[PDB]
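Bound complex of Fatty acid-binding protein, heart and (R)-ibuprofen.
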Amino acid sequence: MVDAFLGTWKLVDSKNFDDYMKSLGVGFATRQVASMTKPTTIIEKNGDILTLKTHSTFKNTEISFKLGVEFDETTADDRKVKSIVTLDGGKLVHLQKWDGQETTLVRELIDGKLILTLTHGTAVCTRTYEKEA
Ligand SMILES: CC(C)Cc1ccc([C@@H](C)C(=O)O)cc1
(Lines of atoms letter the chains of each structure in order from A and count residues from 1; the text may use other names and numbers.)
(Lines give C-alpha, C1' and ligand atoms only; values in the text may rest on other atoms or scores of the structure.)
Protein backbone atom coordinates (compact mmCIF):
# COMPACT_ATOMS: atom_id res chain seq x y z
CA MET A 1 0.00 0.00 0.00
CA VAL A 2 1.01 3.72 -0.56
CA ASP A 3 1.94 3.90 3.15
CA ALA A 4 5.06 1.73 2.50
CA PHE A 5 6.65 4.73 0.68
CA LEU A 6 6.30 6.96 3.78
CA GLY A 7 9.41 7.65 5.83
CA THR A 8 13.08 8.59 5.45
CA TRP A 9 15.22 7.00 2.73
CA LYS A 10 19.01 7.16 2.22
CA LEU A 11 20.84 6.56 -1.10
CA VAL A 12 22.92 3.32 -1.03
CA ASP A 13 23.59 2.75 -4.79
CA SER A 14 23.44 4.53 -8.16
CA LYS A 15 23.83 3.62 -11.85
CA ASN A 16 23.63 5.96 -14.89
CA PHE A 17 22.89 9.19 -12.86
CA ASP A 18 25.69 11.22 -14.50
CA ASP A 19 24.32 9.99 -17.84
CA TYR A 20 20.71 10.92 -16.96
CA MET A 21 21.80 14.42 -15.80
CA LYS A 22 23.83 14.92 -19.00
CA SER A 23 20.69 13.94 -20.99
CA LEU A 24 18.83 16.88 -19.25
CA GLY A 25 21.52 19.47 -20.09
CA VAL A 26 23.07 19.55 -16.59
CA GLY A 27 26.65 20.89 -16.94
CA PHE A 28 29.68 18.82 -15.88
CA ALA A 29 30.52 21.06 -12.87
CA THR A 30 26.93 20.64 -11.51
CA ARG A 31 26.92 16.86 -12.26
CA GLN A 32 30.14 16.46 -10.19
CA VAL A 33 28.51 18.15 -7.13
CA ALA A 34 25.20 16.22 -7.58
CA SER A 35 27.03 12.84 -7.79
CA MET A 36 29.41 13.32 -4.83
CA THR A 37 26.67 13.27 -2.10
CA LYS A 38 24.28 10.53 -0.79
CA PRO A 39 20.93 12.38 -0.59
CA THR A 40 18.09 11.70 1.85
CA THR A 41 14.47 11.61 0.61
CA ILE A 42 11.57 12.09 3.06
CA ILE A 43 8.09 11.06 1.90
CA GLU A 44 5.25 12.34 4.10
CA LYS A 45 1.45 12.58 3.94
CA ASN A 46 -1.07 14.85 5.66
CA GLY A 47 -4.65 14.12 4.55
CA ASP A 48 -4.55 13.83 0.76
CA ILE A 49 -1.40 16.05 0.50
CA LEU A 50 1.86 14.19 -0.09
CA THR A 51 5.22 15.92 0.45
CA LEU A 52 8.56 14.76 -0.92
CA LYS A 53 11.71 16.37 0.47
CA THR A 54 15.21 15.78 -0.83
CA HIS A 55 18.11 16.82 1.39
CA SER A 56 21.62 16.98 -0.08
CA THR A 57 24.76 19.18 -0.33
CA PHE A 58 23.74 19.85 -4.05
CA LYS A 59 20.24 21.30 -3.33
CA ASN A 60 17.42 20.90 -0.77
CA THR A 61 14.03 20.56 -2.54
CA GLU A 62 10.44 20.11 -1.36
CA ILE A 63 7.30 19.44 -3.41
CA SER A 64 3.75 18.94 -2.20
CA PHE A 65 0.96 17.47 -4.28
CA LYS A 66 -2.22 15.46 -4.41
CA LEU A 67 -2.17 12.18 -6.35
CA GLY A 68 -3.49 12.76 -9.84
CA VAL A 69 -3.53 16.61 -9.71
CA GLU A 70 -1.07 18.48 -11.95
CA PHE A 71 1.26 20.97 -10.21
CA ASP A 72 4.03 23.41 -11.08
CA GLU A 73 7.53 22.30 -10.04
CA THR A 74 10.99 23.87 -10.29
CA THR A 75 13.46 20.99 -10.29
CA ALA A 76 16.85 20.90 -8.51
CA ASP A 77 18.53 21.64 -11.91
CA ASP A 78 16.14 24.68 -12.39
CA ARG A 79 13.75 23.20 -14.97
CA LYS A 80 10.27 24.73 -14.64
CA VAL A 81 8.05 21.71 -15.36
CA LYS A 82 4.41 20.57 -15.25
CA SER A 83 4.25 17.58 -12.92
CA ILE A 84 1.90 14.88 -11.80
CA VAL A 85 2.31 12.00 -9.38
CA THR A 86 0.24 8.87 -9.80
CA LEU A 87 0.09 5.34 -8.37
CA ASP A 88 0.27 2.65 -11.07
CA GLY A 89 -0.01 -0.65 -9.19
CA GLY A 90 2.96 -0.61 -6.84
CA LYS A 91 4.78 2.22 -8.68
CA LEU A 92 4.67 5.84 -7.46
CA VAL A 93 5.18 7.65 -10.78
CA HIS A 94 6.36 11.30 -10.91
CA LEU A 95 5.99 12.67 -14.46
CA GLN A 96 7.65 15.98 -15.40
CA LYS A 97 6.76 17.65 -18.72
CA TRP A 98 8.27 20.73 -20.34
CA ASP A 99 8.99 22.14 -23.82
CA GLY A 100 7.50 19.11 -25.64
CA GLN A 101 9.57 16.55 -23.67
CA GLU A 102 9.25 14.59 -20.43
CA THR A 103 10.99 12.50 -17.78
CA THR A 104 9.64 9.98 -15.31
CA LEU A 105 10.87 9.37 -11.77
CA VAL A 106 9.37 6.00 -10.72
CA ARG A 107 9.56 4.60 -7.18
CA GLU A 108 8.90 0.94 -6.40
CA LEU A 109 9.53 -1.11 -3.23
CA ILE A 110 11.52 -4.31 -3.90
CA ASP A 111 12.72 -6.44 -0.93
CA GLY A 112 12.14 -3.44 1.44
CA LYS A 113 14.39 -1.10 -0.65
CA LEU A 114 13.12 1.92 -2.55
CA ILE A 115 14.17 1.69 -6.24
CA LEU A 116 14.01 5.06 -8.06
CA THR A 117 14.12 4.68 -11.87
CA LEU A 118 14.69 7.95 -13.77
CA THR A 119 13.93 7.76 -17.52
CA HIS A 120 14.62 10.52 -20.05
CA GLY A 121 14.49 9.08 -23.55
CA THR A 122 17.11 6.28 -23.73
CA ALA A 123 18.79 7.53 -20.50
CA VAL A 124 17.72 5.21 -17.63
CA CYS A 125 19.14 5.73 -14.11
CA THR A 126 18.60 3.49 -11.10
CA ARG A 127 18.98 5.10 -7.62
CA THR A 128 18.65 2.59 -4.73
CA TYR A 129 17.46 3.83 -1.32
CA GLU A 130 17.27 2.13 2.09
CA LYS A 131 14.82 3.03 4.86
CA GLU A 132 16.22 4.81 7.94
CA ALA A 133 15.17 3.34 11.35
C1 LIG B 1 18.61 16.34 -13.04
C2 LIG B 1 18.61 15.98 -11.57
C3 LIG B 1 19.52 16.98 -10.78
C4 LIG B 1 17.19 15.85 -11.06
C5 LIG B 1 17.18 15.01 -9.78
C6 LIG B 1 16.99 13.62 -9.78
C7 LIG B 1 17.02 12.83 -8.61
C8 LIG B 1 17.16 13.45 -7.40
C9 LIG B 1 17.24 12.66 -6.14
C10 LIG B 1 16.16 11.80 -5.90
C11 LIG B 1 18.38 11.70 -6.20
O12 LIG B 1 18.14 10.44 -6.28
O13 LIG B 1 19.53 12.24 -6.13
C14 LIG B 1 17.32 14.83 -7.35
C15 LIG B 1 17.30 15.61 -8.53
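Just so you know, residue 1 is the first one in the sequence shown, and it goes up from there. Read the numbers this way: they start at 1 and go in the same order the structure lists the ligands and their atoms.
All copies of (R)-ibuprofen taken together correspond to ligand 1.
In this structure, residues within 4.0 Å of (R)-ibuprofen (heavy atoms) are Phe17, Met21, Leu24, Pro39, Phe58, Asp77, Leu116, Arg127, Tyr129.
Here the heavy atom of the protein found nearest to atom 15 (C) of (R)-ibuprofen is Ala76 CB, 4.1 Å.
Short contacts between (R)-ibuprofen and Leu24, defined as distances under 4.0 Å to a heavy atom of the residue, involve ligand atoms 1 (C). For chain A, a heavy atom less than 4.0 Å from (R)-ibuprofen occurs in the following UniProt (9Z)-octadecenoate-binding residues: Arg127, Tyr129.
Near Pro39, with a cut-off below 4.0 Å to any heavy atom, the atoms of (R)-ibuprofen are 13 (O). At least one N/O-N/O distance between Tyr129 and (R)-ibuprofen falls below 3.5 Å. There is a protein heavy atom less than 4.0 angstrom from atom 1 (C) of (R)-ibuprofen. By the 3.5 Å distance cut-off applied to N or O atoms, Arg127 is counted among the residues near (R)-ibuprofen. Scanning all protein heavy atoms for the shortest distance to atom 6 (C) of (R)-ibuprofen gives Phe17 CE1, 3.9 Å. Heavy-atom distances show that, of the octadecanoate-binding residues UniProt gives for chain A, the following lie under 4.0 Å from (R)-ibuprofen: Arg127, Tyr129. For atom 11 (C) of (R)-ibuprofen, the protein comes within 4.0 Å by at least one heavy atom. Heavy-atom proximity to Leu116, at under 4.0 Å, picks out these atoms of (R)-ibuprofen: 10 (C), 12 (O). Lab note: no covalent bond from (R)-ibuprofen to a chain.
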